[PDB]
**Q** 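Here you go, one structure.
Starting from 1, each residue takes its place in the sequence as its number. Just so it is clear, the values below take in all heavy atoms, side chains as well, and ignore hydrogens, waters and symmetry mates. Counting convention: from 1, in listed order, for ligands and their atoms alike.
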Amino acid sequence: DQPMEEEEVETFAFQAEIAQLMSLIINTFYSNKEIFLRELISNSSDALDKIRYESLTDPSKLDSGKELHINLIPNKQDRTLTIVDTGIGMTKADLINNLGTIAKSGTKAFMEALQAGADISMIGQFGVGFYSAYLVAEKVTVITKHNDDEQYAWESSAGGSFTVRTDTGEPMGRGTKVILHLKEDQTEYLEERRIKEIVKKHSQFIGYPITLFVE
Ligand SMILES: CO[C@H]1/C=C\C=C(/C)C(=O)NC2=CC(=O)C(NCCN(C)C)=C(C[C@@H](C)C[C@H](OC)[C@H](O)[C@@H](C)/C=C(\C)[C@@H]1OC(N)=O)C2=O
């Protein structure tokens, strides 16, 4: 009736500088942590620009979702804030290579900038804004579905490694879901008023609709 299923999980080590950056971010006392949302929203916009670009030539790539938008979903019960987009999504290699193992010139440049007095809010200018998620999350789970590929789950609690596996959770439409498992002292980002506030303050001019789902 219920034959056991089996799944192989792959664990990778973050490139040295990325691990260093995550450590700095996850432990920082920075007082303007709210910019994490702006960074994740900008990432979704980039993903949306990319699927839109592909649709310019191949309209069928939108069959998996014609609406290009961003959804924000807070969950107080399991203390998570999820940012979902119907962007291009990522392949398994996209996750393994571009979300952890391959060095990014911006990583060291950003840490050097901070040492030179830069502000953490500038992280996006160095192309490593995703990692700002750890300003408020103790763990980040990235669920992604690229056209013509399976759904994958990337996950890391910033202990120097991250995992990647074929997702067996709820199937999602094309796009990416960044699930922020918030730190116990950062639950304010689960509140409707707070979310509205930071979206209006840092992400009012986005090229795609953004919707907050409550209840
Ligand atoms: C975890 O989610 C993001 C993946 C990696 C992001 C990382 C490492 C990060 O910190 N910042 C980046 C933001 C980007 O927009 C971004 N896009 C290229 C350049 N324009 C912005 C100017 C990159 C480079 C690279 C990882 C893109 C992804 O590659 C599979 C993919 O091409 C794109 C589509 C994927 C993303 C931006 C993903 O976001 C969503 N929502 O899909 C960055 O590094």
**Q** Help me out - what's the drug at ligand 1 named?
**A** 17-DMAG
**Q** In this deposited structure, which macromolecule lies in greatest contact with 17-DMAG, as labelled in the PDB entry?
**A** heat shock 90kDa protein 1, alpha; heat shock 90kD protein 1, alpha
**Q** Decide whether an N or O pair under 3.5 Å exists between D94 and 17-DMAG.
**A** no
**Q** For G129 and 17-DMAG, does the shortest N/O to N/O distance drop below 3.5 Å?
**A** yes
**Q** Of all the atoms in 17-DMAG, which lie at a distance below 4.0 Å from a heavy atom belonging to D46?
**A** 15 (O), 17 (N), 18 (C), 20 (N), 21 (C), 33 (C), 34 (C), 37 (C)
**Q** With heavy atoms only and a cut-off of under 4.0 Å, state how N97 meets 17-DMAG: side chain, backbone, both or neither.
**A** neither
**Q** So is there a nitrogen or oxygen of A47 less than 3.5 Å from a nitrogen or oxygen in 17-DMAG?
**A** no
**Q** Hey, is 17-DMAG close enough to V178 that some N/O pair sits below 3.5 Å?
**A** no
**Q** Could you tell me the residue and atom name of the protein heavy atom closest to atom 27 (C) of 17-DMAG, and the distance to it rounded to 0.1 Å?
**A** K50 NZ, 3.8 Å
**Q** I'd love to know the binding site of 17-DMAG - heavy atoms within 4.0 Å, chain and number please.
**A** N43, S44, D46, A47, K50, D85, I88, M90, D94, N98, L99, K104, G127, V128, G129, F130, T176
